[PDB]
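A, B, ... follow the sequence lines: proteins, then strands. Residue 1 opens every chain. Reckoned from all heavy atoms, side chains included, excluding hydrogens, waters and symmetry mates. For ligands, and for the atoms within them, numbers begin at 1 and follow the listed sequence.
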There are 4 protein chains.
Amino acid sequence: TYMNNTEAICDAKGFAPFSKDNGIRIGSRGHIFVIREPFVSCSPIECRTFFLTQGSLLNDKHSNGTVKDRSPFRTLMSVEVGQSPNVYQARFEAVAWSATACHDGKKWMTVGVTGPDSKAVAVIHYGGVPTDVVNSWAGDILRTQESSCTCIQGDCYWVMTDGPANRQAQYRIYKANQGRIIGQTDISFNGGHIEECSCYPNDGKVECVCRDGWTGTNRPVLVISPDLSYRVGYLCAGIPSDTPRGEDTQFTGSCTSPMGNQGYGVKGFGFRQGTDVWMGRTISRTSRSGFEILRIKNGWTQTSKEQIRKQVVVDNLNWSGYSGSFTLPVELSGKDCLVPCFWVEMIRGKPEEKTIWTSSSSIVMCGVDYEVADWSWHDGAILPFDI
Amino acid sequence: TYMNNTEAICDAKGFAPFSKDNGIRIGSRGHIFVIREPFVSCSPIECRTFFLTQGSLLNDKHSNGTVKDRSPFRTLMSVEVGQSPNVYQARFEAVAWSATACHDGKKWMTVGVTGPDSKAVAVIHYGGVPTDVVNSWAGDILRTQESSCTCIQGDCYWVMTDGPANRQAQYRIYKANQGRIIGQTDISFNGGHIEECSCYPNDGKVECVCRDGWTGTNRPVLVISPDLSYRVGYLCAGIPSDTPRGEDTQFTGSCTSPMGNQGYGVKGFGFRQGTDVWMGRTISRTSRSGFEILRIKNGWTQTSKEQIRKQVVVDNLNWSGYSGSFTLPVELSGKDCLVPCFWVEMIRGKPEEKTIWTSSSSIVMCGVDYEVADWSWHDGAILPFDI
Amino acid sequence: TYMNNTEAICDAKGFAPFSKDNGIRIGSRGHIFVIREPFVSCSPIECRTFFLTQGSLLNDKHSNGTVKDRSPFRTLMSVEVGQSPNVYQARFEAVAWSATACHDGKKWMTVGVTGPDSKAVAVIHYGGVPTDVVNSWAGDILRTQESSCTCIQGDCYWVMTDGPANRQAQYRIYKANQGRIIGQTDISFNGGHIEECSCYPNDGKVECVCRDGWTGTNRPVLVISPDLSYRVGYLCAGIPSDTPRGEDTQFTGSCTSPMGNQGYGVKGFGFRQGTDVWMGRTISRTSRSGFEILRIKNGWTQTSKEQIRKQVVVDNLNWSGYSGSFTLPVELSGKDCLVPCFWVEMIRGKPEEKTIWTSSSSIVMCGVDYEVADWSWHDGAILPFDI
Amino acid sequence: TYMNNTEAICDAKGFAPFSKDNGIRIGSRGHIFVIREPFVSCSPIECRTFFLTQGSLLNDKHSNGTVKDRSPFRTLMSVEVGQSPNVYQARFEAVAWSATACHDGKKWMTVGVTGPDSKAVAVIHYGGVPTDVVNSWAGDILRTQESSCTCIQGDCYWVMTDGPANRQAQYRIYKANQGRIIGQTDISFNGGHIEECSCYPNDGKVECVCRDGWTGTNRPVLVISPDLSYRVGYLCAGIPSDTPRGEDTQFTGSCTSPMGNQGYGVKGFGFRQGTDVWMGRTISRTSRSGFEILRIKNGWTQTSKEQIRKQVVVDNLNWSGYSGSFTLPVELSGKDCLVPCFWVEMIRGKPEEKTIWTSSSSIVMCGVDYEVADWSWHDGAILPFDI
Ligand SMILES: CCC(CC)O[C@@H]1C=C(C(=O)O)C[C@H](N)[C@H]1NC(C)=O
Ligand SMILES: CCC(CC)O[C@@H]1C=C(C(=O)O)C[C@H](N)[C@H]1NC(C)=O
Ligand SMILES: CCC(CC)O[C@@H]1C=C(C(=O)O)C[C@H](N)[C@H]1NC(C)=O
Ligand SMILES: CCC(CC)O[C@@H]1C=C(C(=O)O)C[C@H](N)[C@H]1NC(C)=O
């Protein structure tokens, strides 16, 4: 039966560790898929860690130039949380070099984009087989979330971007019901930019903290309603949460336009706490090192820079990376509110390291009503590997 | 309960990628079964990739002369689609150096042929254990489909060939109901030739595009009815779809007799689109390189050479191979028509390559109502291996 | 619900291959348990291959003196038929250097004997945990079947031997009902000898063809009734079916006493066909090479040497070994008679080979109403290994 | 439905082997998690072996200083009993360098402590996801049982220690009901010490034989009632069961205070047999070698030193280690009394051995009404490894 994800997100004063795969460390001797862009999405029975394999393993020659991003070998596969992305416990999702996934209370929906940049196709699967399709609509890398999509009473929604990664682009919202696409929307956001969004459900509306790859050091937000009516802009808070980013001191927040004179970024997330917001970010304002998450007061609605809580999960002496949001189905947590959880991708190898390869590890963190102590659950692998 | 595969095949304007195992690439460091003659068949809950192991793994000495075709070590085993043919996730089917499989809505039926060429036996299994048997009837390699067989309301049908691979032979159609053989038919087709057929269900009749290994560059077709009454000949279309094959320019199609002065071939498939036909074929008219699929107008009934669609899945600079047909049970796809899907075997190693071994990789492609862009999802392994 | 194994065995004119694991070949590169004394037993949903691990894998230093027979490392584990005895797909049964197993229509019963020779204990498990126990009763290696035990309407029976492997000994029959021992019997058979029996169900009575290790070249039989009343002696037939054995020419059969002047043997089996008997045996009368099975007319009741069928499964140029009997539950085969099946252990390494290790492979063969052609599905591994 | 663990423990005259994983031996060539602090806990369908991985495998460089105890890589994972702690059959529990687990008749509850010593957090999970949390309450290594916790009619209880491992500390009892903490207790035991308790259910009250790391050679006991009212002290018996420990001759038992002038220890267990007690202990009074278990008459209530039974499981020429208690749910054993079972950790490597690494193997032993013969089912690995 369908999963009602109508409830509001729970209010947490801190997050507790869910799991840690140790994929790379383990990957030093075991048969682990060299991957990247990992993420967690739960069904009403278990959570699984979805990844993107480079079509190869670690400590193997085929692990070589796996820094290339897109290729025909990458395929979306999944395993139960905590388990490393290994071959023998791996479940095949879809052929993809960019994917997204979500359960709805019955079957798993997956969407894997692959093919040429100028004509890539996004194949949606439902129950272990493709049901519908989307063709690149703007001939420039049809890419999607790299994060869990959202299902609310049988209808799962997600966001996609087609255009250049730098300047302006075209963003759309897709809505489905059993693998089948049932309507979509064009997002008007000129001057703005949306990439690899992180969503979660909160009151029958889908909230996403995306990635402005153009002119944004402050991340963009977008609330989606069940009838494609939407709302978009940037997370207000007078604090930037992208990387590379400028300092907090010299940064004025903006609920409306992008702020900062930086032009890149990394995938991140953020949760709406009433008006307050929990925002993840790399300790380093420049590199992809360390991961932290702060709660700015009234930061979801005001240019606030007033924090009441902070907590680190990866110190600045350890490689960080991507971050995503999802929720613990009420049918698992037992709460009467959607427990807010998130993950951190820990990339190892090129470019910041001397190795023929590039992969990443992850760790999962969930809500909690208590405040959880700063610490580091970093990758741990000793590079370089045997090669 | 039994699966009604009475519906007609759906009409597609193009195919979308289902999966890609990367068995060989992965096989460079992992424990993957050196195999060949792979194929996909679905049950009303999942699709599995059936293969033929050489009784050994990759990057191992026992991978040696695995180019030999038949031996006592080869056994039919299966894994969920997309997953590579690995040992730890492998399910044992039957002892075979030539097999076929199909689900019927309850249990899986498998038929594995093995033993000596002059007296090989085809052991049929049902539910994880052999139920009936067939003895070679013409003492010359009792071989079968290497493709998914067809079940329509409790009765699964398939085709077999006993005789020389070159000149004339003896073809038969077998019909069963729960592992148990319930009647059969002799196919009169003198001058004609049938090998490794590819079937699928379309309107309660079983359609197969087989392989003329004698004098056919154009492939043979055969519509089987539920009471063994059948119909046979070649796919009409003024275009040859076998390899080796002559050019299209100098080829007149023939709904009746084989055409072309070539005497070999490879396993292929084809779908009946109304009167139109989707036909797969290697880009190369000579070697086993590249894979493509065209839709010739009215090509199922007329000597047509009028195509309205084309699409590549493996460019001519990459190894191709076998191709097969199957369908997505309505109980998975949710359609009201049997979604047409197919796979491409990508052989690597001897003979076209310098390696002690020979194996292959596969990729799955399904129906779709939209037109899907040309591209290549080729093997990817870097040969030779460590040996 | 309980499985009625009251029916008679089906009458076969030949056997067809069920499976072949290729454990050793595969074991050359994969992680396979170095084992020995393998056997198959089925439940009403699947058959599994039970083995005895040496507590180590192949191509490893811990594979060393694994020719030793008994040790504290050996444990009974199982995997679905056909699958090799690998670690990652392995199910733990019991701690044993001698075991037996059987399902009853609900849960799996296993009995693993281990410990010191003068006080070994046989731990019986039911449903994945030990329920009852048996202590050595004659202080000289408490050993059992190494073959599937028999369950008939909730009560599973098996046989055990305590005494010297050479001269006289003490044999007993054990009967249980849900892991719990419910009565037993002492077998009076002075001058006779019983070891590693092979049983199967036939008309609510348990038939076993055991192994006379004392003075028997002709094997012993014993029909057990549901109330421990039994019947014992040797398989009549004027043909010996043990190894080492004397020729057939100079051998007079004996339904009563052991025959032949040989003092060793190997584990074998035999089926009661009306009055006729199917008897397995190594082609070689001296070494453990090749496996064959003949059907002597009226050989279950008369000193017959009149065969009507023969069939080889492993030619005399390939290593053979142990053989066992079991049946395909009616709830799998669908018959109205218990399909007779058997397996052949193919031992490789010491003593007949130059390797630090010793293990074995198996192959499964089942009933069938047709006659199946001679052939060889031998091990296949290339020794010696990397060591 | 909830599991009533109200019954009394069964009365055994000896224990029989349940399983043996051979993790290390196997770990010489296979992909086994280098671990430590293993333990068994059963649900009403199966028992699983829970462990603590060092976030790495064996025969790998990441196996290095795994003697360190606490780190961010260690995570609690589990596998079915007998199976080794391998990657491909491993189930992820929680992020922990100190854990405890128990089923309640529906879902599995796990509690993994991790993080910094001065602020570690104990994350409790229920059904495959964290439900509640506990923060270090005395800033000095928040650690727990390393043994199965106890559930009685929906409420699972366990014990934790926060303070120095040497002198005085703070002990607490936690009670939950579906991952959610429902009340707790402070244990007054000045001069006393409690660490890594071993509990089991006996008459609706939780009995634990813990570890006095301060001044105890005799172990402490504590009976917990369903309303947090408790009872504490040391196991009476005039025999010490800790290591290091003084001799039995010069040791007077004490139901009240710690006895002996030793200041360390190892994790152990003990069962209440009426008034009698089964107590496990290392043969060696000094090192962690050999494992034995005795039954002292009236030793649960009197300073007794009168034994009626003894039995060894690991001779003094083989490495021993940790020991724990649990029970076989009535829904598995079928008894009308909770069968008493236990396990022995067999540590190999540093410190007692010359290897870069440190791990351990285990073996499981259960109740039984018969007396079981002394023997040794020691590790078996040949060190040092390939490194
Ligand atoms: C093509 C632009 C896109 C969004 C900015 O780039 C991403 C950035 C990445 C990055 O910043 O590390 C890695 C992702 N693998 C990549 N996505 C694809 C499809 O290549
Ligand atoms: C024996 C003739 C048969 C059909 C033409 O050959 C096939 C052709 C093959 C090929 O053309 O590559 C490979 C198949 N493995 C082989 N089948 C068997 C049983 O050996
Ligand atoms: C101890 C005598 C017993 C029965 C004859 O020996 C068997 C013969 C064997 C053999 O002949 O190869 C191998 C078995 N592993 C062994 N059983 C045990 C427990 O060691
Ligand atoms: C910190 C004290 C604690 C209880 C005495 O130490 C244990 C003793 C151990 C030991 O004596 O071998 C190993 C355990 N891994 C360790 N627990 C932790 C959390 O490090």
Handout entry: Bound partner of ligand 2, most contacts, as in UniProt
Key = Neuraminidase
Handout entry: Drug name (ligand 2)
Key = oseltamivir carboxylate
Handout entry: Chain letters near oseltamivir carboxylate (ligand 2) (heavy atom < 4.0 Å)
Key = B
Handout entry: atom 20 (O) of oseltamivir carboxylate (ligand 2) - nearest protein heavy atom and its distance
Key = B/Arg70 NH1, 2.9 Å
Practice task
Look only at interatomic distance and state if B/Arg143 has a nitrogen or oxygen under 3.5 Å from any nitrogen or oxygen of oseltamivir carboxylate (ligand 2).
Solution key: no
Exercise for the section: Using distance alone, decide if oseltamivir carboxylate (ligand 2) has a nitrogen or oxygen within less than 3.5 Å of any nitrogen or oxygen in B/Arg288. Expected result: yes
Exercise for the section: Examine the proximity of oseltamivir carboxylate (ligand 2) to B/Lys267 and report which part, side chain or backbone, both or neither, has a heavy atom under 4.0 Å away. Expected result: neither
Problem - Recorded source of chain B in the PDB - result: Influenza A virus
Practice task
Give me the UniProt-annotated Ca(2+)-binding residues in chain B that sit with a heavy atom under 4.0 Å from oseltamivir carboxylate (ligand 2).
Solution key: none
Problem - Minimum-distance protein heavy atom relative to atom 4 (C) of oseltamivir carboxylate (ligand 2) - result: B/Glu195 OE1, 3.1 Å
Practice task
With heavy atoms only and a cut-off of under 4.0 Å, state how B/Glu146 meets oseltamivir carboxylate (ligand 2): side chain, backbone, both or neither.
Solution key: neither
Problem - atom 7 (C) of oseltamivir carboxylate (ligand 2): the protein heavy-atom neighbour that sits closest, reported with distance to 0.1 Å - result: B/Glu196 OE2, 3.7 Å
Handout entry: Atoms in oseltamivir carboxylate (ligand 2) with a heavy atom of B/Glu37 nearer than 4.0 Å
Key = 13 (C), 14 (C), 15 (N)
Handout entry: For atom 15 (N) of oseltamivir carboxylate (ligand 2), the protein heavy atom that lies nearest, with its residue and separation
Key = B/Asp69 OD1, 2.5 Å
Exercise for the section: Examine the proximity of oseltamivir carboxylate (ligand 2) to B/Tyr322 and report which part, side chain or backbone, both or neither, has a heavy atom under 4.0 Å away. Expected result: side chain
Practice task
Please state which part of B/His193 comes within less than 4.0 Å of oseltamivir carboxylate (ligand 2), counting heavy atoms only: side chain, backbone, both or neither.
Solution key: neither
Problem - Min N/O separation B/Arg211 to oseltamivir carboxylate (ligand 2) under 3.5 Å - result: yes
Problem - Flag: protein heavy atom within less than 4.0 Å of atom 11 (O) of oseltamivir carboxylate (ligand 2) - result: yes
Exercise for the section: Please list every residue in chain B that UniProt marks as binding substrate and that has a heavy atom under 4.0 Å from oseltamivir carboxylate (ligand 2). Expected result: B/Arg36, B/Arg70, B/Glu195, B/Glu196, B/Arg211, B/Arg288
Practice task
Report all residues and nucleotides of other chains within 4.0 Å of oseltamivir carboxylate (ligand 2) (non-hydrogen atoms).
Solution key: B/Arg36, B/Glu37, B/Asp69, B/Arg70, B/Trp97, B/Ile141, B/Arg143, B/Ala165, B/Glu195, B/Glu196, B/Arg211, B/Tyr264, B/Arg288, B/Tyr322
